[PDB]
Student: 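Model contains azlocillin (bound form). Questions to follow.
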Amino acid sequence: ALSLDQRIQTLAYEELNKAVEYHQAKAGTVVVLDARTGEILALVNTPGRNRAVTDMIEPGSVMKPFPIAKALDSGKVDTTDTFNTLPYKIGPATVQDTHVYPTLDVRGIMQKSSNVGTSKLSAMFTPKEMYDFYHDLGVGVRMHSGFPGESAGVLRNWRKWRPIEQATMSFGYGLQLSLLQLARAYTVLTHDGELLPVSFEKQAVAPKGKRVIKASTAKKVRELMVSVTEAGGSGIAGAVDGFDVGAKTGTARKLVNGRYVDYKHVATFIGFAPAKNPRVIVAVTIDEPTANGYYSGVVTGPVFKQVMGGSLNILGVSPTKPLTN
Ligand SMILES: CC1(C)S[C@H]([C@@H](C=O)NC(=O)[C@H](NC(=O)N2CCNC2=O)c2ccccc2)N[C@H]1C(=O)O
């Protein structure tokens, strides 16, 4: 009846805890979705409540593939287009990357995780168009997974938005998602641009997605995302031997009385493989690591590596390129 694979479940548990202990972190979560059905194959939380469904976080940089997809789907951006990625101001506040480049093409924006570049891609759409796009991805939306305490997330209405909000949401702040809503949204990337329902039951009928982007655009985005796990990309720690992996890192500062603090982070890592035609999505978040680094790449990449590499094995998926080990 249940779609949870005990072997992936066990693997996800062990590796989650090994990372949480190692990094002296408060809490953490792993979800593993079927990339074409939305079946949950694994879902684990450090002890306590089912954080995967009940808790909402700001996605940060693991949001960025979505505005990017939107740009490309519209016809207004091509994958080769170059953008000005310098710091710029919207009223008082300033939008910037942690490493400054003067320009990046779209592929640069993904591989390096450019806040500015993502917000330049966002800025070509009306508030309504971005809202509608995030809503269609399930941001702020009940999933009816069948779990109790299901968080809807938060998606403030576009009629209310200050201009800075459009921009900050495009690179992941001022909006909130359960890790499970976030994994789900990635089915748009994996299921040829159709958002899938999520369920913990084996399903007897093909599930029907809602079309959000073209099949051609998901394909292009998945290829862009391979850059994240190769040299020059922020998720190199996440690479799995034998396979190209489309992934996205995200490190977020936390909100304490509504101001962002520089001594408290949430590390996230979501990816799928094989990149060209994925079978699986793996999502990791770890909250408030205190030892042995705080970046997505070093905190959540290794966890992802082991859960993805062990899932592909367990499901009888063969390596698509030769090992270098
Ligand atoms: C370190 C990174 C490469 S920057 C980028 C990105 C997305 O996650 N993270 C940020 O832009 C994030 N900013 C952030 O939290 N806030 C909150 C409100 N405004 C704002 O920008 C940050 C975290 C740590 C140091 C510097 C910046 N991805 C990181 C990755 O891959 O771990």
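Heads up: numbering here begins at 1 and tracks the sequence. Note that ligands are numbered from 1 as they come in the structure, with each ligand's atoms numbered from 1 the same way.
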Student: Which bound partner of azlocillin (bound form, ligand 1) is the main one by contact count, according to the PDB entry?
Tutor: Probable peptidoglycan D,D-transpeptidase PenA
Student: Does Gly297 come within less than 4.0 Å of azlocillin (bound form, ligand 1), judged by its heavy atoms?
Tutor: no
Student: Heavy-atom contacts with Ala252 under 4.0 Å: which atoms of azlocillin (bound form, ligand 1) show up? List them by number with element.
Tutor: 15 (O)
Student: Determine, considering heavy atoms only, which of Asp262, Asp97, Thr98 sits nearest to atom 4 (S) of azlocillin (bound form, ligand 1).
Tutor: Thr98
Student: May I ask you to list the atoms of azlocillin (bound form, ligand 1) that are less than 4.0 angstrom from any heavy atom of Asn115?
Tutor: 11 (O), 21 (O)
Student: Okay, heavy atoms under 4.0 Å: who's in the binding site of azlocillin (bound form, ligand 1)?
Tutor: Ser61, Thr98, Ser113, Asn115, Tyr173, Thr249, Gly250, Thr251, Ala252, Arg253, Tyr260, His265, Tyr295, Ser296
